[PDB]
Amino acid sequence: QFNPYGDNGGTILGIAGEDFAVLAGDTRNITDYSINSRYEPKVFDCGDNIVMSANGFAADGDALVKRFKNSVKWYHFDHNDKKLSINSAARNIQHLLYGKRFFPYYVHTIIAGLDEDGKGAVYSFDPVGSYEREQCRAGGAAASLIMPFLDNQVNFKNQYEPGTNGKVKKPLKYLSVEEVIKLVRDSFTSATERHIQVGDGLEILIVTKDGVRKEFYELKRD
Amino acid sequence: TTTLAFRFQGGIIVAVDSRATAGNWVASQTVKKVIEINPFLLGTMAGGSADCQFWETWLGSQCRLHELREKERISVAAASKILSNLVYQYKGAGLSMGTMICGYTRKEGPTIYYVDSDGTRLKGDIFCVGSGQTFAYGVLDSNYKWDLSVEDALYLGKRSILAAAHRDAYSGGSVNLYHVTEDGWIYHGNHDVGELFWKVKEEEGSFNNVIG
Amino acid sequence: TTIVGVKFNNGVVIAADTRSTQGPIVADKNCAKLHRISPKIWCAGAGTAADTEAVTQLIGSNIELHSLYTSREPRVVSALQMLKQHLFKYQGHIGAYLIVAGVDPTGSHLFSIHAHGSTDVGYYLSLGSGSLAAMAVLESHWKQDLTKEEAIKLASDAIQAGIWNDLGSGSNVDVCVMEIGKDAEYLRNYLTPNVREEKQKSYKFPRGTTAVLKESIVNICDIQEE
Amino acid sequence: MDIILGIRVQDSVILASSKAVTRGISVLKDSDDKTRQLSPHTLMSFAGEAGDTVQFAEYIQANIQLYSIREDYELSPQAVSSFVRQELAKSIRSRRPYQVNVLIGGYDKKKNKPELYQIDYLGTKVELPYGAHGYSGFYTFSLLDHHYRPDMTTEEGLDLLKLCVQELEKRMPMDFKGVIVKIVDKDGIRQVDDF
Amino acid sequence: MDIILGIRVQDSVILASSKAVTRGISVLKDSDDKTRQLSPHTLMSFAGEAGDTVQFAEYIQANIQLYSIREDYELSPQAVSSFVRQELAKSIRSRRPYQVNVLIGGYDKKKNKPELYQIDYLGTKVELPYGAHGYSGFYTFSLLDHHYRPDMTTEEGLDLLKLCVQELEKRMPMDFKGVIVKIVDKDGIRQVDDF
Amino acid sequence: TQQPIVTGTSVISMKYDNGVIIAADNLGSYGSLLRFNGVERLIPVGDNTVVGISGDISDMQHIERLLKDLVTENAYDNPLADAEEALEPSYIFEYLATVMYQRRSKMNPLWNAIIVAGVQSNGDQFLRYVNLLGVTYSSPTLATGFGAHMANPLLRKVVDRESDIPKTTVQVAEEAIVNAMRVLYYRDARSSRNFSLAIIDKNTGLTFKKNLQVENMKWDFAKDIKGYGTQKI
Amino acid sequence: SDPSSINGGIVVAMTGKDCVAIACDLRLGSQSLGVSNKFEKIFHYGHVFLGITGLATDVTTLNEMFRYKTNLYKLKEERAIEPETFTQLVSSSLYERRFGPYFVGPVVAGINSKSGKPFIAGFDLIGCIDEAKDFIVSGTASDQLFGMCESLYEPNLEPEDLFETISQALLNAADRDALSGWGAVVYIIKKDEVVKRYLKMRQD
Amino acid sequence: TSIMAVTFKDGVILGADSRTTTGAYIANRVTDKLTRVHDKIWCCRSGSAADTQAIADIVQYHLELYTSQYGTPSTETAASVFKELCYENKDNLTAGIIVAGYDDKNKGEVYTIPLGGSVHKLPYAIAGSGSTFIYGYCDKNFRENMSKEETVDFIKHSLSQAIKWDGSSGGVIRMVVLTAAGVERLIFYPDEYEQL
Amino acid sequence: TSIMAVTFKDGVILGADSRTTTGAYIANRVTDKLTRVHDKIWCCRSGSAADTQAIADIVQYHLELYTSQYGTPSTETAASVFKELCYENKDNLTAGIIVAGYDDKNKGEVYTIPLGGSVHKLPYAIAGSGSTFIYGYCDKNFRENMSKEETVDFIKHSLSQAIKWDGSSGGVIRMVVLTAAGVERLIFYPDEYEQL
Ligand SMILES: *[B]([O])([O])[C]([C][C]([C])[C])[N]C(=O)[C]([C]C1=[C][C]=[C][C]=[C]1)[N]C(=O)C1=[C]N=[C][C]=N1
Ligand SMILES: *[B]([O])([O])[C]([C][C]([C])[C])[N]C(=O)[C]([C]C1=[C][C]=[C][C]=[C]1)[N]C(=O)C1=[C]N=[C][C]=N1
Ligand SMILES: *[B]([O])([O])[C]([C][C]([C])[C])[N]C(=O)[C]([C]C1=[C][C]=[C][C]=[C]1)[N]C(=O)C1=[C]N=[C][C]=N1
Ligand SMILES: *[B]([O])([O])[C]([C][C]([C])[C])[N]C(=O)[C]([C]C1=[C][C]=[C][C]=[C]1)[N]C(=O)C1=[C]N=[C][C]=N1
Ligand SMILES: [Cl-]
Ligand SMILES: [Cl-]
Ligand SMILES: [Mg+2]
Ligand SMILES: [Mg+2]
Ligand SMILES: [Mg+2]
Ligand SMILES: [Mg+2]
């Protein structure tokens, strides 16, 4: 019997800052126990200061990103070159995904950018289009390894202030772009060590009011 | 998921949890399981996240179109039936929903409809829906009265979700409270279970089984 | 897993990677896959980890008793025969895929063993999920009359091919050289090409960060006098 | 069978067990006692597959009664519960396992404490203040979480138990024909004839 | 849903229908009216798969009400029952059939006779003195075979109906939370509020 | 949904400093039967692209006709069909990739794994993969089927990352490819000795080599191998 | 259906400077239903500590079995069993049930009384030994624990610092698992003193 | 697998390819499928490598113990021991074995034992997946009382074709000659037999 | 089924057995598997009798309509029409067809179309269940530019062996000769070809 789905591995990570947002993802592409590519870009600039990644089955991922990029183009044509806000993009993606409710895009989608107040924004989707704005989200193969670390080191969960013994929580102070990138790199270094489908390279896209910037880092190739 | 809604003297109380799971994996603790269909209508969400989200925000579009066309607020009966008739068309296809449509109008008063992906549409005073519905039912049925204050009713709903959050492994995170009166719904805050449990335990004298 | 065996002038060398995996998760990053059956008979194992360990211990134990009974140093063919007959009896259910090598009074030997009990002879062999990557290297670079230094190089290169290209293999290269008329040298972590880079941040917490309910001393000592 | 509950209070253990016996379409009996006295201060309620339940309960009873005669001594509730767990833990890897879940309520005369043990057919033992088997717990644990305090009287325990049974009678689909309630304390075992 | 009964006496038809709505583990409602008035002198009770029951009942209701307005005339119970049977007979060979069983109780004003029709989801129609769907008949038909006399009175019919419900409450495993009783006669349809 | 009947095995390829090399054997297997011994599985499109195809041969022949038709269609009303508006490797690939994914989405796939090797207008090397699922990826070395498991490890020792491409000559690259084909003949039970090889260079253009054979094979050592363990004779 | 995730639970162990730490959650459940919040999964035989995740009946059975075996060991050997020796005993015991295994994920932790060397080890359900230098994880949130440990851990942590690291590793892993939590215990083990700490955590 | 045994004037010759496959991967390209159960009684193995090795090991043990008590066994006796194992364990075995041996009294003999465990004495025998492709060739080209050189050519040409068409067969062509003169091993490489 | 087509100096010859089976029962022992789609374009049929007849009938219709508009079609054209039907309806068909024809420009040509619907132009082709047993024989004995008498002997000997070993094949050997001279039918009975 023909199986229309496959698993291309990989892992992605979105973090929303106070006036910035990052969307990271490893560059390794796989099937089963073989490496297809050590550098296959997974996070894409879609225009209008929005970055996107659809992790899981790469064919469905590429199709979805391609269709969203297309949706941005036609949003400009149909509405006098209006900038597609991140919230509007998110709702649009829900309809793209739910449109194939009974033959789904087998992907975990994450977009990142800035909201209309200039603050950092990350949105997260399931394969059939349910979505929610989030401060933090890891997706894909090693998501289960990364999310708990982010609950602890981004939202200061289970952390309290010394001397008070559980009475006073650690205050939720804001994180700089340099601080976030440190947490992203450590997340992927740790994920690479314990997950076989994570490695080769890490590509991070950073979104600010100035535009979209890229950073690349080597990961272990075993 | 644990969601409840009940009619009383002061209108309707709606209370939900916040957890979303994929198997044993906790996918989210910050899920909005109540949707604001308009300033007067609320919908609860249980089952498939996408199905509930998509079709209940769709419901809000149909309700808006009704009151544009008819120059009048849509009834809770009519709104709930639009959703039940829609999902009935998709019956068998695999939609997964358990929802309460909650509202208040002049002609109806406070009204709750349980709507279901199998096509079930039931009017009632008390409903609990989700994996942790049985736990919430225990607290509700023993403490429910028509003559509850808005303050006491709100607490009972909060406490009933907490009870389920504790016992049901697929419920938890936090409690979102809503209070529905004639003049629309009124949000009553997000309540983290991690803090609410220790607070309620201490103040209420309950959960003597657990050590704190 | 990537495991290989390579014959050379005056003996035989075996090698292995050090990754063990439960599904897509790495259970152990520095796993020891080279097992000692006797002082100069070593084998590398792939497949179910408990089985390769257990079946090696059992045969190694019986080989030791046999060596004491006969007043002779154990032979590789004895280990081979005992392993294959055991595995055949269990009809493949003991998931041990072994490359057995060693030196004895007969000479130097290299064999493979599969879980159903079939054995094969060769000058170069490879087993495990990374055997195809390793065998590609072996088929490209192997020749007759290899020296000791060339055989170690070829074996470790074959393991590296597995480490880099096979997701079921990784971390380090373990080697064991068994030369005729010499002690077998077990080279644990012969290569270490996968050290983790320094982390960007230290995650050491301030003392008193975690909330505690109760404390108590645990009595690990025995009942006391007086 | 269906619903079995347990709750341990200050000075006693109270076991409630349904009276219905249903074989498929009909309710054959509405006065069935799903319990056996293992010793003067130890009671075991049970529920699971037909036949296996009574067979197991009576087999345990026989063994404890044998021990009592041999040593002229009553085993502690903890000791009895451990014996029962071992029998079920042995059973689960048998040719045909006992498909039986039990609650063991006993009063330890040495420590002067009531004790309630919950053991499922796998041999999974836990000591609890209140327990249940099957779908009973899904309704009753929220009430007990809320309403239970460890220092209740036996009368308060029965009132809290009535509130549990009322909730079950409201929300459960199956008619379990009420419950037989039994109290285990320092004076032994007795049945509450009006509930 | 679960239990629906019907009995035709001398001058009326009496329909009894359970109040429980159970979804899996919980009883969500205990006051559900499993019936629709098709016309002033025709009542249809129903039971089957969730959603399909009400959807079908309301669809039939709408069609009969449409007929009534168009012709300014009430169809005979026989005519209505034939229409309903055809809809179910059409349904059974559809992509997704209506999984609904119904009883149609009506008073024919032309012939001055009560009439009770039993129709299952396959479109199997029969006129009866008394009828039931599901497991209800297994208990109730023996009582009705004994006690039923065709000249009974609306009250004698209600007493015989009470005896049926009592037997169901004794021997059925499921708690159906009592029944809503409705009488169909020359003066139309009314509900017995105390049963 | 179908099953592949007559099938082709590995297609292997890699980039080098001035272009790309691609190769595939000339066998059409019918299960374990090595049925057809003269099947060309490298199909050139113009003088700047070669499409290597593995998997179902009937579907390959269909794809071959689509590409032939693509050239015809591009020439229509196109005065620059042999110049600025000639078919690019990137155009040909994206077309195939679209078809492959559309077909899988109708649950009726073209049961193939495809590698499009070529050189672009600006001299850039093109090498990208696509299969029956519509999955696509690019890499300095690409291979299908058994090639993925055995050829890639050998070819990645020559070009391990992007920066190794300018350091790799056509002689070194071809040598690596030819060696990989020999290894596949040793170890793939559905391979043949005869193969075709294609080089697309930005300077010397398309060189298509037919009727190549695996040579310099090591078999002599077999004579010493006796029994399966204890046997001496 | 899957025996290893009916009851739920987790165990984690770590090495520090002249010390080891082992920790576990307190939940026992019947799939979605939470049954007990006092089900400890760490046991000790002399100075050797054993944590066990998986099917709860087997957790209890094995504890009783190793108590049985270590008590006989001590009577015959006239000394307490060491962590290295006990690890081999666990492996032997599990593998003897090769084709009818105990559905468990054991974790050994302790300090060798003679050498003073800190020791930890993990096993699969049939005896394979994972003897890590840094840390061992086990249970339904093992993936989560791997992620926490791999980032939070650093070598040669002092006892009171190691406590914080292992506690945060457990707590945050458990909060991303539906079948883990409902309390937690942490053992800090030094050559001749052991401290046991119950942690305050969310009860959902 | 492509295996065959052929009787001729001076005795019998066994022939085999050297390919062992796990699906389409060639696990061993230089396998020795011609195995010795006694000095001048050999066998060709096809099917499961584990099963045929286990069987051949047991047979060698039986014939070694036979020899120690009753002297050299006949080829028929060897075939009977193979049969007893293959027949009585037919449910659990996948083994297709050709037994070939040389007596002085009986000269060259060939017995084939297919899957069922039946025995068939023949002038020559072919077996293994690749044998299907050479039934026509072998039937047309076999003669009785061939010379050694003719029989080597017959086996070489036959297995060449079997290798050419069967993916499960390949590598070198091994042969073992059994005559009064003794036991001779022959090997033929791809470059030699492919050009035939 | 045992079917084959062979090109030679003067053109092409098609050959076939005559056995049609329903399991082990021979439903027809005198079947004609050599069928005419055009004056000098014939085909050999193997697989489902219903499918291959339905296909051959449609092809004959297409080539008849082709002829009426564009004159005599090439053998390549005929093979293409067969392929289009076999490929596009691969899910629902079980047909293995060999197409053979004679042009004056192209002379004798042979195209084989296996299950998948692929096309393969060859000097000669074999197909059907019985073809497996004669791959070795046919490869060794085929030469290009044979005479008519040599090609008849090659097909006769080949199909004889295929019949001998394949239970699904048997009966008479039918042949059809396609040359410039015209169309000649040949038949060979069991007593003739069995003694070969
Ligand atoms: B609740 O538990 O039903 C919850 C409500 C939903 C609106 C968020 N549903 C889920 O968590 C479901 C799984 C499920 C668990 C238990 C009962 C029914 C359904 N999960 C999701 O819908 C989901 C999971 N991962 C990502 C997105 N959505
Ligand atoms: B290798 O990749 O073949 C490797 C060699 C082994 C000797 C350490 N195999 C494993 O690591 C196996 C893989 C496997 C997974 C599942 C079932 C069977 C085999 N791993 C284990 O045996 C294993 C997994 N988790 C813990 C301990 N051991
Ligand atoms: B031959 O192809 O039958 C061959 C003969 C064997 C004695 C070496 N058998 C195999 O190669 C078998 C697989 C097989 C192929 C064809 C028919 C039946 C069986 N191989 C194995 O048994 C095998 C494969 N990999 C490892 C170990 N054993
Ligand atoms: B031949 O054996 O393939 C033959 C050729 C056919 C064109 C006459 N086919 C059959 O005899 C088939 C069965 C079959 C045998 C072998 C392979 C595939 C199919 N027979 C039929 O289709 C048949 C049988 N009985 C009645 C009608 N048709
Ligand atoms: Cl072998
Ligand atoms: Cl026919
Ligand atoms: Mg690797
Ligand atoms: Mg009926
Ligand atoms: Mg919970
Ligand atoms: Mg025949």
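Labels below follow one simple rule: chain letters A, B, ... track the order of the sequence lines, proteins then strands, and each chain is numbered from 1. Counting starts at 1 for both ligands and their atoms, following the listed order. Be aware that this covers only part of the deposited structure, with contacts counted strictly within it.
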Drug at ligand 2 = bortezomib (bound form)
What is bortezomib (bound form, ligand 2) bound to in this structure, taking the chain with the most contacts and naming it as in UniProt?
-> Proteasome subunit beta type-2
Which chain letters belong to other chains having any non-hydrogen atom below 4.0 Å from bortezomib (bound form, ligand 2)?
-> C, G
In chain C, which UniProt active-site residue has the smallest heavy-atom distance to bortezomib (bound form, ligand 2), and what is that distance rounded to 1 Å?
-> C/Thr1, 1 Å
Identify the molecule name that the entry assigns to chain G.
-> Proteasome subunit beta type-3
Note down any other ligand or ion with an atom under 4.0 Å from bortezomib (bound form, ligand 2).
-> none
Indicate the residue and atom of the covalent attachment for bortezomib (bound form, ligand 2), or state that none is modeled.
-> C/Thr1 OG1
Which residues form the binding site of bortezomib (bound form, ligand 2) when counting heavy atoms under 4.0 Å?
-> C/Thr1, C/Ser20, C/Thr21, C/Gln22, C/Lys33, C/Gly45, C/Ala46, C/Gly47, C/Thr48, C/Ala49, C/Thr52, C/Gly168, G/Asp124, G/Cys128
